[PDB]
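Everything on this sheet refers to the single structure shown next.
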Amino acid sequence: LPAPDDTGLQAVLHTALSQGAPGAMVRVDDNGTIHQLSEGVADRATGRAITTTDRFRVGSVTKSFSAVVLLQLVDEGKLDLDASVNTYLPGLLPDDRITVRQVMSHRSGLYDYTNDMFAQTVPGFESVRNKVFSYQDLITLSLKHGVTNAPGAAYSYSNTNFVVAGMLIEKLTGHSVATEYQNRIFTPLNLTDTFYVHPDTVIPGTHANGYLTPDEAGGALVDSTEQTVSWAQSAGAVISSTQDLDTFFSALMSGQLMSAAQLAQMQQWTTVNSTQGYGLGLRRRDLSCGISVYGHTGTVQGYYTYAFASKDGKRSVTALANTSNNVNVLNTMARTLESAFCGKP
Ligand SMILES: *C(=O)[C@@H](NC(=O)Cc1ccccc1)[C@@H]1N[C@@H](C(=O)O)C(C)(C)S1
């Protein structure tokens, strides 16, 4: 690979601050040489600077952790990707033909309940932040809507799919998702900054605060740091660090977390758009210099995350800006992948 471009990374972060991120940071693990940059503040009221060791909410990057657990259950013979979800969770879904593979690749047609919750950004955050939901509650919210397409027929990202994922983990293992994440991922990889504490609202240890941008342009930012994330759970509630997400996606892509057969299933790409695919709880992004990278993005209130690795896991990058509902910042932060993998233009 090209050399990571730290000047380019620095410009990305500075642009993200100019667009409304209080803080922005990135860590590259380049085959044993680290690159780490940060600009701005973890806490905008106190002025405490953001740093690449600050913990944060990774949002939908959680889906990759859920997918790893499920694919280990497939290795163990406890789950068949092409069986019906209702085989394992009887009566859950209105269509017996919706399969586990369809759920994990967002081809199930299940409606995303979060479109109900966040029609207004800050009011929706205020409605869910201190709520505790069961998995079934969230499924029932989805099922109030008809499915949006036939099973398997169309890619349509839906948090509901990884609420089903959590339910399947807990039913088939008899344990909580937190226990399964810990035993199958966090402990074996020594991810000392990585937690699943739902429904606790505290982020353990030193952390970046999250700042939710309101829908009204120019409006005051809302501190969204402390919330249950119960509206997402196995779709969105992991806490981590740039170092730990780098370790996780390098371990995944280098074949440490499941059989080769199941990693191949995880990497069967459904088209998202002309430069992106979706596997099983895994995104592919195709970069301008003809390199593809693998991992996931996250948006949870006040945090935008990108966490991606090369095909062989030897280079990994995690970038975080502590705002959300700011599409300029979201778009800017994607450029860290270009600078880190494609290098100087
Ligand atoms: C994961 O991060 C998910 N985030 C949300 O459900 C929160 C949300 C975001 C925007 C508006 C309303 C609610 C989904 N995953 C990300 C991702 O994969 O990058 C999406 C942006 C697709 S939402």
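Note that chain A is numbered according to the PDB entry, with residues 3-347 shown in order. Computation of the quantities below employed the complete heavy-atom set of this structure, encompassing side-chain atoms and omitting hydrogens, waters and symmetry-equivalent molecules. Atoms within a ligand are numbered from 1 in the order they appear, just like the ligands themselves. Method reported for this entry: X-ray crystallography, 1.1 Å.
- Per UniProt, the macromolecule making the most contacts with ligand 1 here is D-alanyl-D-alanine carboxypeptidase.
- Notes: drug at ligand 1 recorded as benzylpenicillin (bound form).
- The contact residues of benzylpenicillin (bound form, ligand 1), taking heavy atoms under 4.0 Å, are given as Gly61, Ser62, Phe120, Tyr159, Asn161, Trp233, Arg285, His298, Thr299, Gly300, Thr301.
- Protein heavy atom closest to atom 4 (N) of benzylpenicillin (bound form, ligand 1), with residue, atom name and distance, is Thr301 O, 2.9 Å.
- The nearest protein atom to atom 23 (S) of benzylpenicillin (bound form, ligand 1), hydrogens excluded, is given as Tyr159 CE2, 4.4 Å; this is a heavy-atom distance.
- Between benzylpenicillin (bound form, ligand 1) and the UniProt substrate-binding residues of chain A, heavy-atom distances under 4.0 Å are seen for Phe120, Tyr159, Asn161, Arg285, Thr299, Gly300, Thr301.
- Protein heavy atoms are absent from the space less than 4.0 angstrom from atom 11 (C) of benzylpenicillin (bound form, ligand 1).
- Remark: minimum distance from atom 13 (C) of benzylpenicillin (bound form, ligand 1) to any protein heavy atom is reached at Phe120 CD1, 3.6 Å.
- Bonding summary for benzylpenicillin (bound form, ligand 1): covalent, to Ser62 OG.
- Nearest non-hydrogen protein atom to atom 17 (C) of benzylpenicillin (bound form, ligand 1) is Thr299 OG1, 3.0 Å.
- For atom 18 (O) of benzylpenicillin (bound form, ligand 1), the nearest protein heavy atom (residue, atom name, distance) is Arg285 NH2, 2.6 Å.
- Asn161 ND2, 2.8 Å is the protein heavy atom nearest to atom 6 (O) of benzylpenicillin (bound form, ligand 1).
- Of all atoms in benzylpenicillin (bound form, ligand 1), listed by their number and element, those nearer than 4.0 Å to a heavy atom of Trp233 are 6 (O), 7 (C).
- Looking from atom 15 (N) of benzylpenicillin (bound form, ligand 1) to the surrounding protein, the closest heavy atom is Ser62 OG, 2.7 Å.
- For chain A, the active-site residue flagged by UniProt that comes closest to benzylpenicillin (bound form, ligand 1), at the heavy-atom distance given to 1 Å, is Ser62, 1 Å.
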